[PDB]
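Featured here: a structure holding ramiprilat.
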Amino acid sequence: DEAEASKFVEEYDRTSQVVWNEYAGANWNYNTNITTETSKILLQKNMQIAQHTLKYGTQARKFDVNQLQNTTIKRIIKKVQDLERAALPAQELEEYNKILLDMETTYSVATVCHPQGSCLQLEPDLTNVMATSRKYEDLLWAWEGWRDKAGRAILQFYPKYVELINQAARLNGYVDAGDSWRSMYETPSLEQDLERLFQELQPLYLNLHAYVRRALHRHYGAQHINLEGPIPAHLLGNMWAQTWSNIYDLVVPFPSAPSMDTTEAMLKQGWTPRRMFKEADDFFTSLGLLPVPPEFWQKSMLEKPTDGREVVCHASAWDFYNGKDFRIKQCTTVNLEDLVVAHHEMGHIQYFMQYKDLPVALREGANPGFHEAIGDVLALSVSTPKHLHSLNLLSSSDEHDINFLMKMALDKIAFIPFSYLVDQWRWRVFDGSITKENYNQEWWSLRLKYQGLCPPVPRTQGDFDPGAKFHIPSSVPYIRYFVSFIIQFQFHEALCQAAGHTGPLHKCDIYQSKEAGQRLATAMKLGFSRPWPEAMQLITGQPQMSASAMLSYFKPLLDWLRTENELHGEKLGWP
Ligand SMILES: *[C@@H]1O[C@H](CO[C@@H]2O[C@@H](C)[C@@H](O)[C@@H](O)[C@@H]2O)[C@@H](O[C@@H]2O[C@H](CO)[C@@H](O[C@@H]3O[C@H](CO)[C@@H](O)[C@H](O[C@H]4O[C@H](CO)[C@@H](O)[C@H](O)[C@@H]4O)[C@@H]3O)[C@H](O)[C@H]2NC(C)=O)[C@H](O)[C@H]1NC(C)=O
Ligand SMILES: C[C@H](N[C@@H](CCc1ccccc1)C(=O)O)C(=O)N1[C@H](C(=O)O)C[C@@H]2CCC[C@@H]21
Ligand SMILES: *[C@@H]1O[C@H](CO)[C@@H](O)[C@H](O)[C@H]1NC(C)=O
Ligand SMILES: [Cl-]
Ligand SMILES: [Cl-]
Ligand SMILES: [Zn+2]
């Protein structure tokens, strides 16, 4: 009995390595070269992996995991019993694969055109408009045009996708796809736990929101900003208003303090995408963590091809399940925002390398939020003024300190409500609370409730603004990012303590700390082998998610914001 189970998991492991490697290859070849041909081969590797999954999954279900002694084998088998989409009947599976492809392709190739003028892609053209334009109408053109072309085009697919992903979930024992996604945390209290964390971050977010609102009122005019209302969603420097640091220049706390736009210095000093990834590689090895293999530099796609290929630009990190081949696919622009993204992606690679010797079933983060957090933790240290000066991107006070904390808050704090709301919407869609008649309206009620944003153009029939955000057509869960943004501060706090930092958490730089590296490595090596609180304990010395570290980091800014907002009589929040 125990021996039949051990044999099954050995067979699953050897066979999955091969099939998954093949699938990954075909997926890569489509994502880096969208053609009718690579599309065909991919829809076919889809059948190969589904047949494997069905064969092994059917077998795994014949085991009574109740009767199994060995906890590693019990866990693998329990996981393999979940077939995901391979539980679907053939016709439904083919239909589902095709909608997924059609949605991701639609998003990745959408353009927004001036009439008898040029057509702009999201990366880089529209991204650059939203980051740099300070003209209401130009921002509006890009914000609305993107939703009209990408969002509206996804709407035709999305009800059918919901039906099929929910069907698959039920066939694997869940009540709907959102139940199956939440299950990845193995935490029955997840919903409650996440709300509590979100509530802890409200003082900070509301004070940041009010401060930024006031600054936007100063630039865009009184007739366009209601000081007691939501902020128009196209003014925050980002297509989704999910991060706000591109409007730092409008909101600087101490504009008299000498400053140097990082992005401008990178370009002035001839940085390239390769240099950006090498810098990240260097931070990892400085910690005693693993270097990316030679193969990574040969095979990765670190900038947008200029050779006529059409690609999925949206940055991602890829494991080919052979313990040797790891790659990033990103349409990298030379700027600080993408340096942070590069670190993020390099964290995923780091995780893949750390757990490469586990059985493939356990080759995941402790929970999905841990996978997202690793690269972000190193990027916190990278972003410090001291570290950017060491890279020759900054030439150099309480003034500079508050300025820095505001720059950081515009990314990290502004993202909290956005990252919370995405799957609050999708969970309700999947559980049937939001129908296709109310997709958009319910999105905007959440955008208002959590972020305090309004749409600058009233939405109409046929809009499907969630479709204009990559993870929606791509079927990538989002709550991981909310988790990540909380826990990355816990990890920074712990690692700073392990490295012997004293003084304010925000002045920590863990560059070259082997003590910090070792903490991270022990945790990453666990993969998915143990309940996530064990990885949390290895890093932090305690088992809980907690907002305390993020609050600690930002406390000097909280104080500064409260004093500033009070001085101007701001009314926090909106109706
Ligand atoms: C429950 O089952 C798990 C899984 O077992 C593994 O998979 C099964 C399907 C089957 O094929 C098993 O035969 C197979 O082991 C057991 O967990 C594994 O436990 C062993 C320990 O017996 C671990 O082995 C380690 O492997 C390292 C890398 O190859 C190796 O370097 C380690 O040794 C190090 O320590 C020695 C001490 O002598 C020292 O010389 C060095 O410091 C050296 O490097 C060590 O042998 C596996 O890694 C575990 N595998 C996984 C995937 O977790 C588990 O023990 C079992 N539970 C019970 C109660 O028996
Ligand atoms: C750029 C990044 N791309 C995602 C791709 C995820 C993915 C997953 C599965 C298949 C295809 C793509 C990731 O690396 O987690 C991303 O979407 N985000 C999120 C986002 O931009 O929405 C916020 C996260 C912090 C830094 C960058 C991270
Ligand atoms: C893109 O795919 C086409 C069709 O499969 C193939 O012939 C071509 O060589 C590919 N281009 C690159 C750069 O790989
Ligand atoms: Cl939107
Ligand atoms: Cl997730
Ligand atoms: Zn990620």
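The numbers used for chain A are those of the PDB entry, and the residues that appear cover 40-435, 439-617, in sequence. Numbering of ligands and ligand atoms starts at 1, following listing order. Side-chain atoms are counted along with the backbone in the values below, which use heavy atoms only and exclude waters and symmetry mates.
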Worksheet item: Counting duplicates, which parts of the structure are ramiprilat?
Response: ligand 2
Practice prompt. Please name the chain that forms the largest contact set with ramiprilat, as given in the PDB entry.
Written response: Angiotensin-converting enzyme
Worksheet entry | Atoms in ramiprilat with a heavy atom of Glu384 nearer than 4.0 Å | 1 (C), 2 (C), 3 (N), 13 (C), 14 (O)
Practice prompt. Report yes if some N/O of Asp415 lies less than 3.5 Å from some N/O of ramiprilat; otherwise report no.
Written response: no
Practice prompt. Could you check atom 12 (C) of ramiprilat against the protein and tell me its nearest heavy-atom contact, residue, atom and distance included?
Written response: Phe512 CE2, 3.7 Å
Worksheet entry | UniProt domain of chain A holding most residues touching ramiprilat | Peptidase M2 2
Item to complete: Could you check atom 22 (O) of ramiprilat against the protein and tell me its nearest heavy-atom contact, residue, atom and distance included?
Response: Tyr520 OH, 2.7 Å
Fill in: Protein residue, atom and distance nearest to atom 28 (C) of ramiprilat, heavy-atom basis
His383 NE2, 3.7 Å
Worksheet item: Which taxon does the entry assign to chain A?
Response: Homo sapiens
Worksheet entry | Those atoms of ramiprilat less than 4.0 Å from some heavy atom in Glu411 | 15 (O)
Item to complete: Using a strict cut-off of 4.0 Å, indicate which atoms of ramiprilat neighbour a heavy atom of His353.
Response: 1 (C), 2 (C), 3 (N), 4 (C), 5 (C), 16 (C), 17 (O)
Practice prompt. For atom 5 (C) of ramiprilat, find the nearest protein heavy atom and state the residue, atom name and distance (0.1 Å precision).
Written response: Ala354 O, 3.3 Å
Practice prompt. Return the residue, atom name and 0.1 Å-rounded distance of the protein heavy atom closest to atom 4 (C) of ramiprilat.
Written response: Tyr523 OH, 3.4 Å
Fill in: Closest approach of any protein heavy atom to atom 20 (C) of ramiprilat, naming residue and atom
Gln281 NE2, 3.4 Å
Worksheet item: What is the closest protein heavy atom to atom 10 (C) of ramiprilat, and at what distance does it sit?
Response: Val518 CG2, 4.0 Å
